[PDB]
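By convention in this document, chain letters (A, B, ...) are assigned in the order of the sequence lines, proteins followed by strands, and residues within each chain are numbered from 1. Partial entry shown, contacts counted within. As the structure lists them, so they are numbered: ligands from 1, and atoms in each ligand from 1.
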Amino acid sequence: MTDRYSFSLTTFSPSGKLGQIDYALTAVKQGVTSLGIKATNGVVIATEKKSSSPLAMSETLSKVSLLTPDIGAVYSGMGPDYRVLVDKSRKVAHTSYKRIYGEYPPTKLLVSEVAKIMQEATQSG
Amino acid sequence: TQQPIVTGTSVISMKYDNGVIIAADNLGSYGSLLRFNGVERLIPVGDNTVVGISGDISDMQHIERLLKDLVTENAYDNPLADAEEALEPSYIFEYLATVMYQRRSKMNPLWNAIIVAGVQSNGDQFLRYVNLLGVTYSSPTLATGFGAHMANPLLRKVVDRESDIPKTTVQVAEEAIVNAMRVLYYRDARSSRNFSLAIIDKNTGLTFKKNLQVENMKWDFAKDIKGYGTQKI
Amino acid sequence: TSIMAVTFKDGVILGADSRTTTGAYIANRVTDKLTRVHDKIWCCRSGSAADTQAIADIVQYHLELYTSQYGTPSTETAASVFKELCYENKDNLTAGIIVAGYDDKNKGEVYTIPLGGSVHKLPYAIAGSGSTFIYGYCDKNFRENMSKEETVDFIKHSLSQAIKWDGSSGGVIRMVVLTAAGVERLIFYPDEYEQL
Amino acid sequence: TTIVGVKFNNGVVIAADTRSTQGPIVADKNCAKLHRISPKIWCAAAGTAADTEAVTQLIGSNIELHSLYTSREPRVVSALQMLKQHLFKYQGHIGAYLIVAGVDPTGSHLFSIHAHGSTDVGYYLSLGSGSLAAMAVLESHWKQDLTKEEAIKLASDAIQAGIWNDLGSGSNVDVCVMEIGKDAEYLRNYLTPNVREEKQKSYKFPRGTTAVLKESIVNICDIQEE
Amino acid sequence: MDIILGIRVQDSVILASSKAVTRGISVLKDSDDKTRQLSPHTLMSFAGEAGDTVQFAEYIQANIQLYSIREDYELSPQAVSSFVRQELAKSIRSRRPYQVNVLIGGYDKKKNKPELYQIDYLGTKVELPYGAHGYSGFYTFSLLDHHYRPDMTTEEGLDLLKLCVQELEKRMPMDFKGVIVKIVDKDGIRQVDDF
Amino acid sequence: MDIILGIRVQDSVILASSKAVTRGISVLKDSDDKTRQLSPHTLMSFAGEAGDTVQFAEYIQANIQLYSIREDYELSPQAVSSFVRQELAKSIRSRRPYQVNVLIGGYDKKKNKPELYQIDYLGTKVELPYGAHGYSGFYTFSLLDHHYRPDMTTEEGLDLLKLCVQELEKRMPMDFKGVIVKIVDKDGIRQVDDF
Amino acid sequence: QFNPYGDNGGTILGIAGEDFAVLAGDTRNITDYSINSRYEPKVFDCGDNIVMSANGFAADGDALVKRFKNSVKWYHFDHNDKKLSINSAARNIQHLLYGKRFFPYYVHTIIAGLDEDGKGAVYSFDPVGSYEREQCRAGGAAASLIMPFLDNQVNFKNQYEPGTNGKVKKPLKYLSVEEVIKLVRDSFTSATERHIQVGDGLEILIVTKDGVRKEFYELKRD
Amino acid sequence: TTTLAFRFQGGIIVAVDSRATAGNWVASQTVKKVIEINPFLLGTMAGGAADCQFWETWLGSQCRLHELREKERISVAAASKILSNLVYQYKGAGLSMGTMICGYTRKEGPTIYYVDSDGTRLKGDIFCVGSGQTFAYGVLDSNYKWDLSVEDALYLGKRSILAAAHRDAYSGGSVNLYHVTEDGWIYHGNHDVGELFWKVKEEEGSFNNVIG
Amino acid sequence: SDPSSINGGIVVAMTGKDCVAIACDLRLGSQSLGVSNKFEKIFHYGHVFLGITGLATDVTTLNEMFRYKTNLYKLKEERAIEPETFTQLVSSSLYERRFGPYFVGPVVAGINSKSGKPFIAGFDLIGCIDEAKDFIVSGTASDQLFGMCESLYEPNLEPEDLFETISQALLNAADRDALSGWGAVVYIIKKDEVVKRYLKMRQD
Ligand SMILES: *C[C@@](C)(O)[C@](*)(O)[C@H](CC(C)C)NC(=O)[C@H](Cc1ccccc1)NC(=O)[C@H](CC(C)C)NC(=O)[C@H](CCc1ccccc1)NC(=O)CN1CCOCC1
Ligand SMILES: *C[C@@](C)(O)[C@](*)(O)[C@H](CC(C)C)NC(=O)[C@H](Cc1ccccc1)NC(=O)[C@H](CC(C)C)NC(=O)[C@H](CCc1ccccc1)NC(=O)CN1CCOCC1
Ligand SMILES: *C[C@@](C)(O)[C@](*)(O)[C@H](CC(C)C)NC(=O)[C@H](Cc1ccccc1)NC(=O)[C@H](CC(C)C)NC(=O)[C@H](CCc1ccccc1)NC(=O)CN1CCOCC1
Ligand SMILES: [Mg+2]
Ligand SMILES: [Mg+2]
Ligand SMILES: [Mg+2]
């Protein structure tokens, strides 16, 4: 009843590749298309609701998620991984920013925090 | 130095156009025990003055005897004892205020708060407070204990300043006093339902009302209150 | 606070006054001190309002989780969970709790848990500041296997006296009846119970 | 502080005075004591000022995350539960005394919570130093089935009683109305019965009145190019 | 007041008393004479609480001077010390006692002998070859236990006293600003001006 | 530990520190150096609770000497004083705080200027032309307010310091057993052996 | 344990002019967070063109004023109806206060009137009777708020002549009665805003050679 | 408070500050801490304001009664001892007084007596008394000699109080100066510290610790 | 014993027409002993000014702390922190020491660079915010400052008039406090120029 995996599961191969990151990018390639376009007075993000069954209620599965009142997110790849990242992204916007400065973080810094969480899953044990 | 043992709670009062009203409940508490249910805490002096007392009841009974003895003493060698040389509210108050401050200055107070209500010879309303420290003050409304916190706000909505006194009738003033006594019964843990009320008017004289009860109480909304948050039944 | 729970022929009845005090100020005059921990297991609360609410919330959680795994808990079990919290945290708590419940097997049961965190199973129980004034009355007037109407009257007369003499008790008399028939809430106002 | 809550036909109203104090001194004459927990859950605060702000913001933050997690509009009972458990854990040391109100899919709600973590339910409530003055008004004029207009009137009258009769309270009346099926309306400075009169004199000084030793420009800009 | 010492030799009694008067943070004076002549052949040194010391010393002085005029006679040192002791023993059970410790050095003209009495604020009297009050005795008694002889001259007594003062100047924390020394013998009381 | 003084003149910093170590009734030592060299051009004097003083001084000394070896460089007086302040400011909210007050006298070789920092046990830092800890400053600051000029020589600084010590020897109750004086300038740290 | 003292709040202010003096006080009386009265007079005409106020613990204040009023009465009886001068009144009050040195009157006392040259006079007392004559004094709960303002506006402290670098002070002047009352009203309006125990009403007693006049002004009631 | 008195070739110098405090509140900057008992006697006040004012004013009355009864000016020794014996009666009751009784008589010459509320009575050439006494002592003891000019001695006394006014939080306001001779006391003016400090800084070149 | 009055000192801030002013005294003491007459209590991080009264070790510690935090803010955000945001940061930082607080009375002052709006705020030792339109006071002579400001202040004062008002408020308040004074500094702050003035005051 021990977590003995204190070592990295992503390592450098002889060619300099980080295999698990490349393989993760391959999983992203298989995922459904999503896009984003920036206008002068706005930004749009969009994707296909690929329904796994017609009996399934696709309204309940939200691929496009509010992170803060002025920030939104969409993905391509593994849906469950996205869902937990949205949970963590919403929380880190409060803990590492709103509870300190009394305002929501700017887009670039919230992105930076999400990026940090994804980097750590690329190096941690 | 002592501690109060058997105690009386709020005394409340106000001025109206032709006189003054004063009231106090009929309870003598022994800490949290509601020990004595027939205690009169409004004590008339002549036909022009009522002294309302809160705090220690043993000290109240002492003060009652002082006032009774004061009437006896005023009658001595005084052919105008029931006329021009009768005791005034202002005389009775100043006497008590002198005693209260003398006793605090010997570090042996009379553990009370007192309101003297009355009407003077010239028809002027008299209403003044004194306590165990000898502190004195007058105002269109006066109240002791919890009454200061709860009765005064209500009574001040009727008479907020001196200029409101002529505009306030005896019916309006009594209504305000009776409502204030109900509010105190809802909210003061050392109060009772039964109370006494006294009106001293310049025209109609002293009217002393005994065995009054708080009535027209609202408890019906209590049936709809369940739990302390999440409980639905 | 004046609280009691009384077993009778068809089950058990809980009773309480509705007063909450801060010093001598009445913070709440319509308090509900009879709280549900399970469908047919309830408690009467006295002592700290914060402590007894915290405890009761934890017990409700424990019995909800018990029910999910093992089915309906006994009244004895509910009393044991209250005890465990009161005993182990005796240094930091001011809680006097009466636990009352109805099983079909055991019928009406009453357990009292005073300050130390001891448990005592009894035919009836009284507690809170106002209970001191009615030990005499309750001992002389309690009988076993009373009817519903008799037990309502016994609690109404008892808490009426507790309210009359205790300044820390007052307001309405709330009651909760626990039988096979279900759960009945009763309320009795001052104009009714003062003239008794 | 004087804070109140009053239930009505289709919702709930809360109100507060605007005075904050430091000893016997008035630190702020236009303090805002109505805190938004979520769009339709608001609360009035009394007690240690820093604690009331910190506690409303923490639970308001966690309520927002809970709302996003569950895809549901926040409930008043959740704010209540999270507030009481936090305050109980700190054994009264966090000096927050709050009246918590709101509307949610379950209906309209009104609660009070004390610093030690006890809560209570009611149709009308008051808290703070002026709570006795406010409760006197509430006990005299409250009835069942109040309209919106009647409840706003009663709530502000109850705050006024605190303003005039309690030295702890003063200045202005702030109100927030939460009605079922509507946006919550925050009415900042709903009453302003305490404007200062004009002063007798102007105290503007002649230029050059104060004696100076040295002057210098302060560099607030960053290190420059070239 | 800090250090008062006494030593009885062959034909005299020597009293040494510190010059410092200190209130809290500051040394207010460095030339204070902590003694009163009670009679021509009897000297009392004193130390204790501020005010009490001088008030008590002058009160005793007045009483002994009164006795001297009334009887036209000088009380023996033993008699003066017994009077002083009784006044202090009376004082200790009063509303506000005198917090004063004293040494009485006298030459008894009847017996032709020097005498030194140590009396504390409680009225505890002892006749001694050498004495001290307060923290002084913690250093000086061991010295005197080593170096004292009963048949010493007055000059030998002064050298032995220099050795006491040197030790107190080395090891005590407070700067007591030196000592005024007075000799009591058959010819009366005189002050050693250079010490 | 009782008296520590500091004065910054034109081209040097002078620190004067008392020699007495007293426990209760007895003066245990009269030649105690209440200072540590932190670096070749930085000296720290110290006073406060027994044990804490030396432990803290030697702990700071070890840390600055470690820095000097690692970087092959001497920290500026300003940098050393900021390090010391932070250690004391950290200390004050600990289980058992360091009850130690310090003066830091240094010569900044970069700016070619003497510098004197006064820091108390709370971590209260000030740069001053002259400084003192404890009861010393109650006497010495008024003197220095009268007699100090910024363009004084080291000899003038030493004479001004003699005037401070004379005043402390006159008016303070405790015998502090004189002072060890040390000068900090461009050439380093040296002790004035006759004072 | 029984505590023989209390705090009734309130604030008072004396200002001396060239041929007049004022003594002002708020009319609010309080205990803890309760208002006892919105109009309870605190400044009193004591006869002989002397006005007095003993602010603090109201029972001790009333007792002291009552004893001083009586002292004036007996001064008339014992010295052939002679007018008690303001300096003599002040020394008498010192003895009244110092008489209770070991059980003090818990008050700050101010008296105002005219001196024997007809010039405006304000005297100020601590609880145990130390006194001083001044051009200015505020006493009571909001004294700390009001006094610095009076130093600045009555005695022209920290004010210099413009253009003199900072070497010629603003020269001292006597203020008119109209100018003094403006400063009194602004002092109390300011104190009422920031002190909870100050409010309800302002009562000013003005003393001239002609006698004692009164003025009353409303203050905020919160 | 800071007060001082010292003896020198040309008589006695007495200098005091003018500040009264209630905790950290500055109650007054214009108090008179010297009492003129008669033309040859001065009293200085430090400690409780009331205690000092009352009992030193009372002392003046007792000195006046002495000269009515004995047809002769009271000695400085006798005047100081009336006050010290009085405070000794009150010992433990909590009076707070630190005083100097300074004067000239033919039989004594110029004399200074320190008297305080715990009962201490001391004759001496130099005394500084009050919260700021240490600061005054620092300046005074360094520049003191027996044979200063009257002009130099007056300045040193003024300068010593200024020093204490600067450093001591509970001293300040102004400096009141007196000079006592064979012929009596002479007042040498009130000197506001707000002007005196800057004057002394410029002329003396002292107070280099301050931004000026 | 009381940490807030060992060292002494005061800070005051005021708003004017398109400007703010913040001022402080220069005293640091150990109760009755004056130690330093150069201990400034106003600091700045870009265009945001912070005054701090109270225990001097905590004044210095908090200056170093907010320099640290605003330096990191600027590196990450790529812009200077604004007064409104800095106020929240002060509050957050104080409240995280709720049960072992810094014994201080901070005062924020500045002009928002985007909106141009004058801004001031004050705090208690555990971080409660008082965001005043008119003025903010702090320190051992706070009662005195409240009295001066409440009478002397009027809205919409020009920079050179506002200088006179704030200076007279500080000076006269300091002279009624034993633990304040010993010099004073006044900052007049406009959208893109800041003037600093040392005041001549009595040195006792
Ligand atoms: C009325 C009754 C007989 O006591 C009965 O037991 C009820 C039962 C409740 C409703 C379940 N108990 C109360 O009303 C308690 C009595 C009590 C007070 C203090 C300690 C234990 C019990 N009242 C409260 O718990 C009260 C509820 C608030 C008003 C919502 N809380 C307090 O009075 C609070 C408790 C602090 C405390 C908690 C635990 C142990 C010790 C103390 N106390 C205060 O706020 C104190 N108050 C004193 C006067 O100045 C204001 C502060
Ligand atoms: C005013 C009111 C009628 O009581 C009402 O309840 C308001 C409601 C708020 C605004 C939500 N309450 C207050 O204004 C509180 C009253 C209070 C004071 C003190 C303790 C508890 C309650 N006022 C404050 O909290 C005040 C806000 C400032 C003026 C912005 N803060 C303080 O007074 C502060 C509290 C410190 C404290 C620390 C630990 C536990 C509890 C409280 N105290 C000081 O600032 C005192 N002092 C600190 C050192 O520097 C000098 C000043
Ligand atoms: C300046 C100095 C260093 O203290 C110097 O010794 C002067 C010399 C005087 C002016 C001759 N002493 C004072 O200023 C004393 C200091 C002191 C205070 C208290 C006890 C002993 C010494 N100041 C006073 O005596 C003070 C003068 C007033 C402010 C004009 N009076 C009080 O502080 C006063 C009486 C104190 C008292 C009470 C009972 C028995 C004995 C003494 N106290 C108050 O007024 C209380 N409080 C009320 C609200 O405002 C703050 C003050
Ligand atoms: Mg109010
Ligand atoms: Mg000073
Ligand atoms: Mg000052």
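By its PDB name, the drug at ligand 3 is carfilzomib (bound form).
In this complex, the main macromolecule engaging carfilzomib (bound form, ligand 3), as named in UniProt, is Proteasome subunit beta type-5.
In this entry, the other chains with a heavy atom less than 4.0 Å from carfilzomib (bound form, ligand 3) are G, H. Within the 4.0 Å heavy-atom cutoff, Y170(H) counts among the residues contacting carfilzomib (bound form, ligand 3). The closest approach between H108(G) and carfilzomib (bound form, ligand 3) falls below 4.0 Å for a heavy atom of the residue.
In this structure, atom 20 (C) of carfilzomib (bound form, ligand 3) has no protein heavy-atom contact shorter than 4.0 Å. The model ties carfilzomib (bound form, ligand 3) to the chain through a covalent bond at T1(H) OG1. At least one heavy atom of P127(G) sits closer than 4.0 Å to an atom of carfilzomib (bound form, ligand 3). At the heavy-atom level, UniProt-annotated bortezomib binders of chain H within 4.0 Å of carfilzomib (bound form, ligand 3) are as follows: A49(H). This deposit refers to chain G as Proteasome subunit beta type-6. Nearest UniProt active-site residue in chain H relative to carfilzomib (bound form, ligand 3) (non-hydrogen distance, 1 Å): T1(H), 1 Å.
Heavy atoms of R101(G) come nearer than 4.0 angstrom to carfilzomib (bound form, ligand 3) in at least one pair.
In this structure, atom 46 (C) of carfilzomib (bound form, ligand 3) is not in close contact with the protein, since no protein heavy atom lies within 4.0 Å of it. For atom 15 (C) of carfilzomib (bound form, ligand 3), the protein comes within 4.0 Å by at least one heavy atom. Summarising the contacts of atom 17 (C) of carfilzomib (bound form, ligand 3) with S171(H), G98(H), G47(H), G130(H), the nearest heavy atom is found in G47(H).
The binding-site residues for carfilzomib (bound form, ligand 3) (non-hydrogen atoms, 4.0 Å) are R101(G), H108(G), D126(G), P127(G), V128(G), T1(H), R19(H), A20(H), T21(H), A22(H), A27(H), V31(H), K33(H), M45(H), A46(H), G47(H), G48(H), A49(H), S131(H), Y170(H).
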Enumerate the pairs of nitrogen or oxygen atoms, one from carfilzomib (bound form, ligand 3) and one from the protein, separated by less than 3.5 angstrom; state names and distance to 0.1 Å.
unit_1                             : atom_1 : unit_2  : atom_2 : d
carfilzomib (bound form, ligand 3) : 6 (O)  : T1(H)   : OG1    : 2.4
carfilzomib (bound form, ligand 3) : 6 (O)  : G47(H)  : N      : 3.0
carfilzomib (bound form, ligand 3) : 12 (N) : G47(H)  : O      : 2.7
carfilzomib (bound form, ligand 3) : 14 (O) : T21(H)  : N      : 3.0
carfilzomib (bound form, ligand 3) : 23 (N) : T21(H)  : O      : 3.0
carfilzomib (bound form, ligand 3) : 25 (O) : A49(H)  : N      : 3.0
carfilzomib (bound form, ligand 3) : 31 (N) : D126(G) : OD2    : 3.1
carfilzomib (bound form, ligand 3) : 45 (O) : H108(G) : NE2    : 3.0

